[PDB]
Amino acid sequence: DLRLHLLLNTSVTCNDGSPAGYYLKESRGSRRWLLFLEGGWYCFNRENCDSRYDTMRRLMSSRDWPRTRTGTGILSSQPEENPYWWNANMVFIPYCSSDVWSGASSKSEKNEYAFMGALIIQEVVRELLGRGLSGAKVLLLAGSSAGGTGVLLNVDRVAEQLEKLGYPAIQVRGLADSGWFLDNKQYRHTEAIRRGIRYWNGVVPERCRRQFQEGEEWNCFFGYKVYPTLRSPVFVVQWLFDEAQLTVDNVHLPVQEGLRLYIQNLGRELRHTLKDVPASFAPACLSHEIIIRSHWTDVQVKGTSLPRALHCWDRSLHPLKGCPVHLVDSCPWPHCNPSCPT
Ligand SMILES: Nc1ccc(S(=O)(=O)Nc2ccccn2)cc1
Ligand SMILES: *[C@@H]1O[C@H](CO)[C@@H](O)[C@H](O)[C@H]1NC(C)=O
């Protein structure tokens, strides 16, 4: 069980102005800290944010949050469930800003909602330093789906935050799960992200912003474009046939030639974008998210599980014989890997 703490700085808020927060389980024999960013789509104007407030309110407000959460997958403290980091300090950061973790805008007489995802992450880091993060050796910022994209947008900001606060010895790294999307042509017929950034006052990493320049910051929400601009080490986990990617592409699974070619090309394109990503795990499965699922230990690429790959990554940041870090399936159809989940 991780225990809830609402932010002491109550001006850093969820969408509706309630305080943001984090769930924490300390492990005082460990200098490793895992901060996990929850996912869950987004909203990009008054009308669809109003709809989200009616039926997804826990993603917009802390007023109904429970006082505890069970840690699962990479957040589990049991070695059998989490071979990688079972003895780490565990933090789960709820997603209540609806902005892919990019926003820096307060509620006001001009704004019905607050979009403060980027500031929530910084305030969580600040308050954790007084609860033991100051003695850390590694801070791993992880996240799934919208939280995986949030890792890409914020990992270098966390690294700069700790440097300027006077903690240059804490090594900041990122783990982005199911947040690596392609801005491809649909099977049947990015503007929402463009509108969202203006609505949220969204922020992107500075080097990426300077490449694409004003009006074009939406480009930095796509992993293959923002990743080359990042300085912190980042491990990328992405199913080659991600279900959220197929949903936005208007694909719903008797497959005929046109759809067969479309699906095969999508996998080839995703594999291509990961060619120069040295720390990555990309199986040929139809699925979405993995790292906080209890059976995340089950899938393998070329005989290597994801917990092993992450361990090999740790060793590489001190090629390794028998301990690979770049694991991308070459077979071209969903479930051509026998270890895919059912
Ligand atoms: N082809 C394509 C894929 C995803 C999207 S998105 O609106 O959901 N934008 C994003 C971007 C990064 C993370 C999550 N959503 C739009 C178009
Ligand atoms: C609380 O957070 C806000 C937003 O980041 C900031 O302006 C303010 O200085 C913070 N308060 C304190 C006491 O640090």
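So for chain A, numbering is the PDB entry's, and the shown residues are 88-276, 288-351, 355-419, 428-451, in order. We count ligands from 1, going down the list as the structure has it; atoms in each ligand are counted the same way. The analysis underlying the following values was restricted to heavy atoms, covering all of them including side chains, and did not include hydrogens, waters or symmetry mates.
Among all chains, the one with more heavy-atom contacts to ligand 1 than any other is, according to the PDB entry, Palmitoleoyl-protein carboxylesterase NOTUM.
The drug positioned at ligand 1, selected from fenobam, flurbiprofen, sulfapyridine, is sulfapyridine. The PDB entry identifies the source organism of chain A as Homo sapiens.
Of all atoms in sulfapyridine, numbered sequentially from 1 with element shown, those under 4.0 Å from a heavy atom of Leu269 are 1 (N), 2 (C), 3 (C). Numbered from 1 in the order shown, with element, the atoms of sulfapyridine that lie under 4.0 Å from a heavy atom of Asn271 read 1 (N). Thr288 N, 4.0 Å is the protein heavy atom nearest to atom 16 (C) of sulfapyridine. With a 4.0 Å heavy-atom cut-off, sulfapyridine is reached by the backbone of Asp270 but not by any atom from C-beta on.
Taking only non-hydrogen atoms, the option from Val187, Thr345, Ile291 nearest to atom 10 (C) of sulfapyridine is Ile291. Remark: atom 5 (C) of sulfapyridine lies closer than 4.0 Å to no protein heavy atom.
Of the other ligands and ions shown, none has an atom under 4.0 Å from sulfapyridine. On a distance-only criterion, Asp347 and sulfapyridine share no N/O pair closer than 3.5 Å.
In terms of polar-atom proximity, defined here as any N/O pair under 3.5 Å, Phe319 makes no such contact with sulfapyridine. Atom 13 (C) of sulfapyridine has as its closest protein heavy atom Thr236 OG1, 3.0 Å. Within sulfapyridine, counting atoms from 1 as listed, the ones closer than 4.0 Å to a heavy atom of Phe268 are 12 (C), 13 (C), 14 (C). In this structure, the protein non-hydrogen atom closest to atom 15 (N) of sulfapyridine is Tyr129 CE2, 4.0 Å. The shortest contact between atom 3 (C) of sulfapyridine and any protein heavy atom is with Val346 CG2, 3.5 Å. Interface of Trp128 with sulfapyridine, defined as ligand atoms under 4.0 Å from a residue heavy atom, comprises 8 (O). Defined by non-hydrogen atoms within 4.0 Å, the binding site of sulfapyridine is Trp128, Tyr129, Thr236, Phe268, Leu269, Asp270, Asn271, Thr288, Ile291, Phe319, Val346.
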Under 3.5 Å: N or O atoms of sulfapyridine paired with protein N or O:
unit_1, atom_1, unit_2, atom_2, d
sulfapyridine, 1 (N), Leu269, O, 2.8
sulfapyridine, 7 (O), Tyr129, OH, 2.4

